[PDB]
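Overview of a structure with zanamivir.
Proteins get letters first, then strands, A, B, ... in listed order; numbering begins at 1 in each. Reckoned from all heavy atoms, side chains included, excluding hydrogens, waters and symmetry mates. Atoms within each ligand, like the ligands themselves, are counted from 1 in listed order.
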There are 4 protein chains.
Amino acid sequence: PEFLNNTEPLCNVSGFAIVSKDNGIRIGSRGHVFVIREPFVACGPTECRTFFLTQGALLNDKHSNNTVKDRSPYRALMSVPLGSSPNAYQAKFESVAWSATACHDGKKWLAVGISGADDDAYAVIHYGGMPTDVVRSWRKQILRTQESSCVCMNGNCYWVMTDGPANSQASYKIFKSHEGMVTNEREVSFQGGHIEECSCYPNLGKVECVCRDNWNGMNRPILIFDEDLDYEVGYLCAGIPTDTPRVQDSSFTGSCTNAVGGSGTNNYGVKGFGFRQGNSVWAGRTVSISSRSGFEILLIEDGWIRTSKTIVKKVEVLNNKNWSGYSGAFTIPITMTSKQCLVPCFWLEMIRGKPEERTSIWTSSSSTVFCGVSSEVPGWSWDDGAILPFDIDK
Amino acid sequence: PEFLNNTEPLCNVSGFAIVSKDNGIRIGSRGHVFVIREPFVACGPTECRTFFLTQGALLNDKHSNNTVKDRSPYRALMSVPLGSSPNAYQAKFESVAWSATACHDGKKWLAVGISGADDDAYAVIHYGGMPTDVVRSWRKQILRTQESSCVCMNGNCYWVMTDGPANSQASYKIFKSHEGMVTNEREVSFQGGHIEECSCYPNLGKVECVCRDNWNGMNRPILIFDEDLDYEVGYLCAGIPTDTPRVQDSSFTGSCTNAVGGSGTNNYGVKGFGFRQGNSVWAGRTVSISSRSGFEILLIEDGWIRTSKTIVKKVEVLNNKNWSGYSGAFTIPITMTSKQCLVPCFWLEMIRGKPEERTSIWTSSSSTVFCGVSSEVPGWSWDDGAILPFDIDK
Amino acid sequence: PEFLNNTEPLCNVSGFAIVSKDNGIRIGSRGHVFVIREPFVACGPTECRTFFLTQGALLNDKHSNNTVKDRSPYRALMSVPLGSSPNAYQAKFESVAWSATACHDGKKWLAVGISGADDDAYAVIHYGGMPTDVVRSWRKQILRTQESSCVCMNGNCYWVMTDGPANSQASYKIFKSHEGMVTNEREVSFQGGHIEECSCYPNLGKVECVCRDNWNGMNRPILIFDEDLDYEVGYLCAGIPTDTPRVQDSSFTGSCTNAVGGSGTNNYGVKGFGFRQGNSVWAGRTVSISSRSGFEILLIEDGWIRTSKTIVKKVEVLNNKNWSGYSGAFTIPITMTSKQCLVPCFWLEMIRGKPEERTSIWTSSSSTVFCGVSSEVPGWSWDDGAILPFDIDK
Amino acid sequence: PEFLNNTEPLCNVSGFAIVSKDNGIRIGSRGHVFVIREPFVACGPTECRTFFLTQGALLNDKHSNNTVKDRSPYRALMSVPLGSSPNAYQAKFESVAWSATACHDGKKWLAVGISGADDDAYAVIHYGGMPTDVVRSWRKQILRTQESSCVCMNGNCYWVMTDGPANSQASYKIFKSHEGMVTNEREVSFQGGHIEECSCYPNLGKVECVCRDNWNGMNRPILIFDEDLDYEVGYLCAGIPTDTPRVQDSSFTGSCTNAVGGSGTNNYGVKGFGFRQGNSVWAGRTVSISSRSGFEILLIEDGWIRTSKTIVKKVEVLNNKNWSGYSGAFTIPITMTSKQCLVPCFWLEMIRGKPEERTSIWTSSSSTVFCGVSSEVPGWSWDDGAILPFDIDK
Ligand SMILES: *[C@@H]1O[C@H](CO)[C@@H](O[C@@H]2O[C@H](CO)[C@@H](O)[C@H](O)[C@H]2NC(C)=O)[C@H](O)[C@H]1NC(C)=O
Ligand SMILES: *[C@@H]1O[C@H](CO)[C@@H](O[C@@H]2O[C@H](CO)[C@@H](O)[C@H](O)[C@H]2NC(C)=O)[C@H](O)[C@H]1NC(C)=O
Ligand SMILES: *[C@@H]1O[C@H](CO)[C@@H](O[C@@H]2O[C@H](CO)[C@@H](O)[C@H](O)[C@H]2NC(C)=O)[C@H](O)[C@H]1NC(C)=O
Ligand SMILES: *[C@@H]1O[C@H](CO)[C@@H](O[C@@H]2O[C@H](CO)[C@@H](O)[C@H](O)[C@H]2NC(C)=O)[C@H](O)[C@H]1NC(C)=O
Ligand SMILES: CC(=O)N[C@H]1[C@H]([C@H](O)[C@H](O)CO)OC(C(=O)O)=C[C@@H]1NC(=N)N
Ligand SMILES: CC(=O)N[C@H]1[C@H]([C@H](O)[C@H](O)CO)OC(C(=O)O)=C[C@@H]1NC(=N)N
Ligand SMILES: CC(=O)N[C@H]1[C@H]([C@H](O)[C@H](O)CO)OC(C(=O)O)=C[C@@H]1NC(=N)N
Ligand SMILES: CC(=O)N[C@H]1[C@H]([C@H](O)[C@H](O)CO)OC(C(=O)O)=C[C@@H]1NC(=N)N
Ligand SMILES: *[C@@H]1O[C@H](CO)[C@@H](O)[C@H](O)[C@H]1NC(C)=O
Ligand SMILES: *[C@@H]1O[C@H](CO)[C@@H](O)[C@H](O)[C@H]1NC(C)=O
Ligand SMILES: *[C@@H]1O[C@H](CO)[C@@H](O)[C@H](O)[C@H]1NC(C)=O
Ligand SMILES: *[C@@H]1O[C@H](CO)[C@@H](O)[C@H](O)[C@H]1NC(C)=O
Ligand SMILES: [Ca+2]
Ligand SMILES: [Ca+2]
Ligand SMILES: [Ca+2]
Ligand SMILES: [Ca+2]
């Protein structure tokens with residue numbers, strides 16, 4: 001067992017092929033499957049796993065009542081092999097958590113799980129299944145993190161956390177760890193900007209993150225940092241907005257530096273992702289500009305470096321008649337691919353129940369996962385597929 | 001870990017002994033078992049596994065409604081150890097798929113799963129659990145493959161795919177891969193012939209396939225190819241027809257070269273198998289000439305090389321009062337047998353529900369598996385055994 | 001991985017301590033647990049496992065109806081780790097079987113499973129999970145075997161089979177195998193005797209078996225054989241009868257050579273066991289002389305070599321107010337104990353449902369397991385504990 | 001595989017961070033989860049596991065009736081990975097047991113399980129899953145042990161047992177074992193004292209235990225011993241009482257030598273724990289002085305060596321509106337932490353059902369687990385979270 005370098009360039013890809021679909025909610029109509037949300041994927045040297053935040057309750061059970069709620073003492077980070085339902089008997093316990101990130105350094109799994117009261121939460125860092133360190137809330141206002149994979153390079157693992165208001169200026173920090181111990185941290189200066197739920201991946205030895213602005217931006221913040229935690233922060237340059245809510249493309253003008261918002265888009269957002277491709281960018285977004293429905297990915301020419309509106313490729317993986325949700329980035333290491341570059345992949349959360357489906361008492365999600373390939377790949381619509389309401393709703 | 005040679009001759013066998021029976025539908029009356037169809041078996045160096053296409057739903061659940069349907073975004077290729085039910089908690093996710101093939105090269109599992117729209121489907125190739133390559137539909141008409149084990153020899157794995165009409169001339173291709181990457185392909189010229197759902201096995205360093213003609217043939221196509229993808233294509237010579245539907249043996253005249261059909265047998269078929277035995281052949285077939293009921297295997301003297309009607313052995317493993325379905329071939333590698341030849345085995349799918357059992361809202365199947373041995377073995381009737389209708393049907 | 005020698009002497013023990021209890025039927029009131037019977041235990045170098053014959057159906061399901069029946073195409077030999085319930089999700093498939101034996105040679109598991117029609121059954125031998133050989137019925141009358149662990153010594157594994165009438169002279173054979181291939185067999189001459197369901201264990205390089213006479217004997221046959229399959233056959237000498245049904249001890253006179261029966265005890269029996277202890281013997285029996293209720297084990301002074309009635313120790317592990325059933329012998333190898341002798345252990349089957357509990361539609365069993373120790377150990381009553389009837393019975 | 005030294009000093013810690021929460025009862029509302037009580041945690045070189053005593057029955061099943069009862073033939077010690085629910089399909093069988101202790105010596109798991117009649121019980125010692133030795137009741141009055149992790153150092157494992165009256169002078173013994181064999185024992189002279197359910201941990205090569213006095217003490221006995229089983233015995237000096245029931249702190253005067261009781265606190269207690277910190281002590285207790293509700297941990301200055309009332313730190317992990325129960329100590333070995341000291345951790349049992357919740361027919365518990373860290377950590381209330389009554393209660 002050796003540490004993964006993970007210092008290779010990110011692969012350039014021309015399409016995204018479906019890798020898995022867990023069908024968790026369909027299965028949970030009868031099987032014993034956790035109510036969850038905030039799923040994500042992370043890969044070790046030999047296996048990829050799906051992580052998720054349970055509600056400490058099962059689908060179609062009375063304890064699934066009121067699971068639209070975000071935080072409780074019953075939520076836990078757990079994982080299953082990629083493609084498995086988040087079920088009661090395969091789930092591996094990772095951390096107590098209502099917010100989390102996880103990744104593998106080549107030797108062991110790192111899991112960071114936040115629990116506790118809103119005004120005094122703390123992250124517990126688990127390494128190889130053992131609690132190694134803690135990070136306390138420094139602003140005492142819902143300490144929270146990525147809800148996707150962290151990044152490990154050369155034995156050091158990195159992640160981003162936020163503490164402070166949901167709809168105004170908050171505080172943003174980058175963390176560095178080795179074998180589960182925090183070894184460095186840096187506060188990111190981003191006045192007028194808002195960073196949450198970063199989707200991060202390694203690219204040529206740096207960590208590149210595409211995040212959620214829940215304040216004044218319908219464009220996505222970009223945060224790039226190195227091993228010293230030196231950073232650049234700004235917004236995805238592209239003249240195509242990729243948060244939700246947002247306005248139609250023709251009503252939007254991009255910015256590399258400033259949050260662009262207004263027009264009824266302020267004070268909300270959704271976790272999402274993008275992948276730099278030289279000067280261009282693959283960016284995901286819901287099909288709807290107002291709701292978490294549909295999902296498509298766009299290749300925007302020069303979209304990483306300028307306010308480009310040129311869409312060279314677009315692929316839809318979920319049509320607008322179906323519910324989506326969070327999306328996030330991860331990479332496949334050289335040990336599984338034998339390539340000289342890191343393969344970019346994304347996952348998609350499909351939320352069922354509240355608030356969009358009010359005749360259900362619960363909220364959960366299922367997922368699809370896609371990986372970049374060297375050729376164009378057709379889209380389709382791989383929807384959650386569950387038939388609501390469920391038994392427990394009647 | 002080294003690649004399996006798999007270049008040995010196929011064993012000559014005199015009988016087939018039952019190896020496993022999963023009783024999946026009986027168990028799924030109460031247990032949590034996937035609705036499936038198209039099961040198959042493939043063996044690695046140290047383990048054999050049962051693969052299957054789920055419907056992304058469980059038996060006796062409302063989501064099992066309308067599962068007679070062949071393709072959807074919810075179907076997945078999964079696997080369990082040989083003999084296990086295809087259940088919710090042991091199932092290993094392999095690929096998103098409504099058509100599939102899988103095999104083991106000695107080092108890792110290869111799984112090929114087709115999903116997407118009928119007019120723009122694509123296969124995703126998974127190797128060691130990682131997506132490595134894709135194959136796009138080239139005729140834009142239900143790209144489809146074996147629904148049984150592919151063949152690996154000396155580190156290269158091979159499979160057959162079809163694209164085009166179900167009931168007229170289509171296009172047939174052979175694929176070669178190494179570590180999950182397609183390295184060669186060849187289109188098979190077969191004018192007037194139709195190839196689907198090939199059952200393939202290694203024999204003296206070549207791949208021998210017995211397939212389904214869904215057009216004008218009640219005899220089975222035979223496709224034989226080598227590492228260069230050079231091939232011979234034709235029909236099983238035997239003057240005994242082995243597709244379903246077919247006519248009675250006495251109304252049939254064999255052909256090595258031509259599809260023999262008519263008499264109400266055109267435009268359908270069932271996946272099946274055969275094993276060359278020198279110049280002879282073991283071939284499976286349903287007992288009924290018109291429906292998927294019963295199952296028997298026949299040793300036909302010189303049936304691989306001429307229009308022989310001489311049946312030297314016949315063994316029934318399912319009587320005609322019980323539902324059958326697909327059947328397929330696989331082999332056991334030298335690493336498990338210590339023999340100097342590859343052991344021929346077959347599996348049998350037993351379909352319950354629609355269309356034959358109209359009082360059920362669903363369709364699933366269970367399996368039995370048999371392996372060749374050096375002596376004669378008695379038959380019996382190992383039927384699915386489930387008592388229909390089920391709870392969900394009322 | 002090397003073959004277990006297993007040529008050590010059997011340990012002398014002064015008591016039996018409980019090792020496990022699976023509580024399978026209690027658990028199966030709600031959990032997903034197979035209907036079974038004929039459980040047994042066998043140990044490999046590093047693990048002991050519980051084997052069992054399922055009915056291919058789960059407790060509290062409609063398919064459990066009529067499971068008092070002994071043979072069907074749906075029965076399978078499966079296994080779980082020692083102490084686990086025989087449940088739907090941990091069970092490992094071993095063989096299709098309505099009669100079976102299994103053991104471990106130090107390198108791999110050997111499983112022998114009999115299925116097929118009563119008049120043409122056959123055993124399939126599985127080695128390392130691969131079908132290696134077959135044994136056909138030679139009398140065409142319910143080929144059957146031990147329903148307990150076989151014995152492996154120096155890489156060869158041995159077991160006993162019977163074919164012929166249940167209530168008159170039948171045919172008895174000993175088998176020798178290496179890596180799953182039958183390498184020798186010997187028919188046992190036993191005129192006027194009847195041998196079924198042998199409980200066998202290694203002792204100083206020979207196999208010692210205590211069996212069931214289902215014909216004229218309420219005393220148990222003893223069969224001892226060596227690697228050449230040379231044998232001695234007779235009855236347990238002790239003047240204490242240990243089959244069921246039997247008469248009270250004071251009405252019984254022992255014999256080393258002859259079946260002793262009559263008085264309403266002919267034509268039935270129950271699988272049981274004994275362990276030679278020098279010239280003495282530990283022998284199990286039901287507490288009731290007429291029914292399968294209660295269980296006790298007796299140390300009979302010189303009971304292996306003469307018609308002794310001297311009981312030096314007696315321990316009850318199940319009181320006569322509770323249902324018992326089959327019992328069987330196995331040993332723990334030196335690799336788990338670091339001893340210079342083989343530890344004798346036994347398991348006890350506790351049958352619930354038909355025929356004793358007529359208000360239930362089903363029959364299943366659970367187990368307790370006990371191992372010999374160097375000191376006296378108190379008894380108790382570890383009964384099945386399920387509360388009948390079950391939901392499905394109403 | 002080598003034996004763990006475990007001779008390092010115990011770490012000094014300033015706070016306790018939550019490591020896991022199993023949510024077992026919430027999950028068991030629908031999932032298949034054992035009714036349990038007396039959970040505990042023990043760590044091997046590479047994994048921590050949760051152990052528990054089942055009632056041989058599942059939640060929400062009729063067999064859960066009357067599970068307030070402490071002892072039966074159906075109770076078993078089983079384990080799951082840390083954080084998992086004690087469910088029917090992940091549970092590993094360890095021992096038949098209505099009282100137990102378990103630990104890992106670096107090479108194998110040791111499990112000690114007591115079963116049998118109240119007046120003639122015996123412990124079976126399991127090592128590497130094999131029964132190795134027995135300990136008989138020496139006072140014939142409910143032989144019983146820790147219900148938490150034992151301690152292994154340099155290949156020897158130690159635990160404490162009690163036999164005799166629950167509410168008057170009993171007999172207390174320390175045991176030493178190597179590879180599952182008892183190699184030494186010592187009776188502890190403690191006239192007027194009462195020791196049960198010791199929570200023990202290694203500290204600088206000695207075993208330090210904090211126990212339950214069920215007779216005349218609302219203060220906790222302390223037992224410290226070395227490899228020769230030489231011991232010191234007394235009470236936790238602190239002038240803060242930590243048993244339940246107890247009186248308010250201001251009504252209590254500490255003692256290092258004598259049981260301090262009366263005022264309605266005699267003849268009961270609850271399993272609990274403490275950790276020496278130089279001359280100080282971290283000690284757990286229920287928040288309520290009279291009932292098993294709430295849980296807090298206190299750092300008492302010099303509380304190990306004198307009758308101090310100085311509380312320097314206090315952290316609540318369960319508020320007094322929620323049910324608690326047993327608590328216990330364990331340590332994390334150097335192999336998981338790479339530290340030079342042993343990390344102190346504790347678990348908390350949260351009991352639901354009888355006797356406090358009389359509208360339920362059953363009693364079970366779930367757990368939370370916490371580990372010491374080098375900084376202060378906020379508290380919260382991580383309650384069981386199940387909504388009673390359950391289906392089976394109506
Ligand atoms: C992905 O594509 C980008 C853009 O084409 C590649 O970046 C170029 O790399 C070459 C070779 O070093 C340089 O000469 C160019 O200056 C780069 N262009 C830009 C815009 O950065 C990159 O090499 C590709 N990555 C991989 C892994 O193939
Ligand atoms: C299976 O049987 C076939 C037919 O008997 C065997 O093929 C023969 O092999 C011998 C030895 O090389 C040749 O002399 C013959 O010409 C072959 N006959 C035919 C019809 O091909 C084959 O060897 C057998 N296979 C195995 C593995 O034993
Ligand atoms: C079990 O007990 C028997 C009977 O006491 C032991 O058999 C004796 O072994 C000694 C030593 O070789 C011989 O001198 C005696 O002749 C034997 N007696 C009989 C009746 O066989 C045997 O050694 C013991 N087994 C073990 C493993 O300790
Ligand atoms: C935990 O704290 C205690 C108390 O401060 C430490 O014990 C001291 O150790 C030093 C160094 O050997 C001695 O000089 C003192 O006499 C000790 N004091 C007492 C009260 O025992 C102990 O070293 C600490 N343990 C660890 C692992 O850091
Ligand atoms: C820690 C916390 O509760 N995180 C929130 C998150 C949050 O409200 C926004 O980012 C605003 O700050 O939004 C949402 C969301 O669906 O919008 C889900 C999260 N749920 C959980 N991760 N549990
Ligand atoms: C891809 C596709 O849908 N394949 C079909 C197959 C097909 O219709 C025929 O071969 C004709 O082309 O027939 C049948 C069949 O039962 O006849 C099952 C298959 N179901 C699936 N593999 N899902
Ligand atoms: C193969 C067969 O059916 N074996 C029988 C066995 C048998 O009837 C007697 O030994 C008489 O021959 O008896 C019994 C028994 O409970 O008496 C259970 C067995 N059930 C099974 N092993 N399935
Ligand atoms: C062996 C036995 O039954 N141990 C008891 C224990 C005991 O009654 C007291 O310590 C008094 O002696 O108390 C309690 C308790 O909840 O107070 C649970 C235990 N339950 C079990 N471990 N099963
Ligand atoms: C969910 O909560 C609401 C409000 O308390 C209640 O009316 C409803 O019955 C609950 N559903 C269940 C299944 O408990
Ligand atoms: C299955 O579908 C049919 C037609 O939509 C419907 O009538 C029937 O009730 C469905 N069954 C279930 C269990 O939903
Ligand atoms: C079991 O079989 C009997 C006889 O056929 C029948 O009367 C009874 O209803 C059956 N029970 C179930 C649950 O099917
Ligand atoms: C539990 O036991 C009581 C007393 O015997 C009984 O009244 C009650 O119905 C039982 N509950 C169940 C589910 O059997
Ligand atoms: Ca926004
Ligand atoms: Ca046809
Ligand atoms: Ca008899
Ligand atoms: Ca007390």
Point out each ligand or chain corresponding to zanamivir. ligands 5, 6, 7 and 8
Determine the main partner chain of zanamivir (ligand 6) by heavy-atom contacts and give the name the PDB entry assigns. Neuraminidase
Return the chain letters whose heavy atoms come under 4.0 Å from zanamivir (ligand 6), other chains only. B
At what residue and atom is a covalent bond to zanamivir (ligand 6) recorded in the entry? none
Look at atom 1 (C) of zanamivir (ligand 6) and find which of B/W215, B/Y268, B/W98 reaches it with the closest heavy atom. B/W98
Write out the residue and atom name of the closest protein heavy atom to atom 3 (O) of zanamivir (ligand 6), then the distance separating them to 0.1 Å. B/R71 NH1, 2.8 Å
Run the contact test for B/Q146 against zanamivir (ligand 6) with a 4.0 Å cut-off on heavy atoms, strictly below, and give the result. no
Nearest neighbour in protein (non-hydrogen) for atom 18 (C) of zanamivir (ligand 6): B/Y326 OH, 3.0 Å
I need the source organism for chain B from the PDB entry - what is it? Influenza A virus
Among B/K271, B/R75, B/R144, B/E197, which one puts a heavy atom closest to atom 6 (C) of zanamivir (ligand 6)? B/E197
Should the proximity of B/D70 to zanamivir (ligand 6), defined as any heavy atom under 4.0 Å, be assigned to the side chain, the backbone, both, or neither? both
Which option wins on minimum heavy-atom distance to atom 22 (N) of zanamivir (ligand 6): B/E147, B/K69, B/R292? B/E147
Mind pulling out the residues near zanamivir (ligand 6)? I'm using a 4.0 Å cut-off on non-hydrogen atoms. B/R37, B/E38, B/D70, B/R71, B/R75, B/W98, B/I142, B/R144, B/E147, B/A166, B/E196, B/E197, B/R212, B/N214, B/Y268, B/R292, B/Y326
